[PDB]
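Notes on a structure featuring probenecid.
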Amino acid sequence: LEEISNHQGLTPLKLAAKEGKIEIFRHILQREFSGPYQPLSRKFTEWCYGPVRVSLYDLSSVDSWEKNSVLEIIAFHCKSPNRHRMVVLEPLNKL
Amino acid sequence: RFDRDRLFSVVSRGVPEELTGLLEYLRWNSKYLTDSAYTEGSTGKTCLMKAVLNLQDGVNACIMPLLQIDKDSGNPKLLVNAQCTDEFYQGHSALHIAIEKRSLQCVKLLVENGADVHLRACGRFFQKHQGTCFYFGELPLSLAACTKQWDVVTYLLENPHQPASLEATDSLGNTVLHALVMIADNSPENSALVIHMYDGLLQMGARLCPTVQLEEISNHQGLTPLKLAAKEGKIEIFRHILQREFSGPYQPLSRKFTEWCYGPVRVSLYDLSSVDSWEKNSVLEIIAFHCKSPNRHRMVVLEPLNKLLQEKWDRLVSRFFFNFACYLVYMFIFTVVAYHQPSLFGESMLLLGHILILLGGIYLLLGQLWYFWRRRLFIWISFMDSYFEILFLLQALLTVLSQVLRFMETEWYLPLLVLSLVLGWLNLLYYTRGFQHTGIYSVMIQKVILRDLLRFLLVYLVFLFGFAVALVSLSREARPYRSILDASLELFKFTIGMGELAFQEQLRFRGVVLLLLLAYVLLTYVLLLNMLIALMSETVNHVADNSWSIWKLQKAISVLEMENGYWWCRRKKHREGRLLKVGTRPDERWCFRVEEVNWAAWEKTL
Ligand SMILES: CCCCCCCCCC(=O)OC[C@H](COP(=O)([O-])OCCN)OC(=O)CCCCCCCCC
Ligand SMILES: CCCN(CCC)S(=O)(=O)c1ccc(C(=O)O)cc1
Ligand SMILES: CCCN(CCC)S(=O)(=O)c1ccc(C(=O)O)cc1
């Protein structure tokens, strides 16, 4: 359902970046579930030990290897004041 | 088959019965569960670590039979004592997993089967550095303390199988009390819980190690837990250790003893053992010269340190102002000899003045080379705030160089003599710290402006040079600005209010030269307006003024230098406080008496 594209070619995650909606953008981008819904995650905790968490984040719409990706959108297609708050989220900050 | 991939998937399910036949396969092959064939890739991680990572409701039913199976296999390198081996996880063990997973039931099961309580998780993940790491010390007991597990700490300390030694140390020599000081953060939630964890381990040391002074144990840097709290700048745990008071069985674990209390007035003896500057590498020397942190000025204003540094300052304020008066007399002679220079009785008095300046310049050069020799190990820490210690060395070098160039008779002696005369009077501002009013203002004035003007200067110099090469190139054609230096100076004069902005009649491009000046003026005044507003936005924040305490630290650094005397006359240090009996160890200590009057705190107890 999140690979369905509107007439601008945007998925829900790409639309949250273009419209600058940091809270729903952050939520979709970092989403983690347990049990039946694990494949609906974008974040998978690999291990946790004391204050340290190691997580795999899914880059499907995100990495700039893809044309019209989330990084290209925040940089060049987003109009909002919020763009500078979106590039400092994980995984985008380390990426 | 009972290969690794069967065993690791079996112990992950928590069903013990699927191990049936593992004994026969291990014996028939003559192999052991701690051989490389039974370990996870790119590490040393065993089937027991795989089991302890997968606890169900606090326990895994496979651990007890897996440990028998190892015990029945006749292994020379027991499965509980096997460790990870790669450069990140080296020395990590199933017991460190059991403690981080918070299972007292699994800690008991491992230690009952002979898991070594003194294994050091010492690979780079467990060291302290700027990357991904988790320092807890390196030992099971230090992990249990830093994860806040009293029941596990109690079990590790006083189980009958293998009690954790409170004297045990990691690869840095840190004991559990150094580990808790390393892990303290100055937030109220962390520091209050570290203070409780520290106190109960110290109170347990009085049961378990009754002859051992756990806070006199030194790590490989020579630091006790109190000295480490000063070097790492941990004010909350530092203040707590320094001012600690107990009643009943634990009174000898105090550093503060209330002598009497009457109304709003408390009189207390404070223990100066690691604290007084009579000892080499003491807490006062550490805060002044070995501590890197922003917190140093907050540490010198705690009791007993505040009254102890005031007592030292009062004994030395006449030496401080004698040192100032010698430097005034040296700067008077310097000025009376830099003025009255000849063209390039009065002549022999001028020669005497040059010899007194040479001797004062050599004296100050030797005194500052002795300072940087003594401060060698922490040399940047010993000048980061204390920038005058460089400016006195520079003034002394330039004084010796200018007299050397004058003996060589080269006329470049005069611009060095004049530079060392300017530095000489600028260095006179060091002594403004001797009085509260001038000494706090010298701290109010100097600030974050020095950091941001060095950033603005890059923007201002790209403007200034970019417009200077342009006005020089365009002012070359006839119908100011003769050279890059002259155009840089005419463009610089606009910032001092001396702009000389005009429609130059003789230049061919005079309208474009005027538009280049109007472009430079508008861009530069927009830049100065951005720069002033940027500085106001960071520096006018309402933070309560921390200048009295930064001045108290300047007086502390001054005292701890003056107590050594001079490079030629190294003073014998007097010892602060009195040797007093505070209790039974008798318990006789160099105590220092502080008297506190505090109506505002006392009235809340009525
Ligand atoms: C070697 C054997 C001979 C010793 C002669 C007496 C030495 C007195 C030293 C002294 O007063 O030094 C003051 C000053 C350095 O100040 P500082 O170390 O506190 O602070 C330094 C910054 N951290 O340094 C000076 O003012 C220069 C001293 C020479 C001029 C003396 C003039 C005397 C007039 C009465
Ligand atoms: C690569 C070693 C990882 N380790 C921690 C680093 C010392 S570990 O202890 O093996 C571990 C911890 C927690 C989890 C988990 O939460 O699933 C799994 C494994
Ligand atoms: C040196 C005289 C001290 N006095 C108070 C000053 C008037 S005192 O009243 O003798 C006193 C008070 C309180 C305690 C106590 O709390 O242990 C002990 C002695």
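Order of the sequence lines sets the chain letters (A, B, ...), proteins ahead of strands, with each chain counted from 1. Note that these values count all heavy atoms, side chains included, but never hydrogens, waters or copies made by symmetry. Contacts are counted only within the shown part of the entry, which is not the complete deposit. Counting starts at 1 for both ligands and their atoms, in listed order.
To find every copy of probenecid, look at ligands 2 and 3. Other chains with a heavy-atom distance under 4.0 Å to probenecid (ligand 2) are given as A, B. The PDB records the source of chain A as Rattus norvegicus. Only the side chain of A:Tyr49 comes within contact range of probenecid (ligand 2), with a heavy atom under 4.0 Å; no backbone atom does. Nearest to atom 11 (C) of probenecid (ligand 2) among the protein's heavy atoms is B:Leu53 CD2, 3.0 Å. We find no covalent bond linking probenecid (ligand 2) to a chain. When hydrogens are left out, the protein atom nearest atom 6 (C) of probenecid (ligand 2) is B:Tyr89 CE2, 3.3 Å; that is the closest non-hydrogen contact. Protein heavy atom in closest approach to atom 13 (C) of probenecid (ligand 2): A:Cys48 O, 2.9 Å. Of all the listed residues (B:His92, B:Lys50, A:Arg53), B:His92 holds the heavy atom that lies closest to atom 9 (O) of probenecid (ligand 2).
For probenecid (ligand 2), the residues with heavy atoms nearer than 4.0 Å are A:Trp47, A:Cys48, A:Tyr49, B:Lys45, B:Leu53, B:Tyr89, B:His92, B:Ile97, B:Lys101, B:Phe125, B:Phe126.
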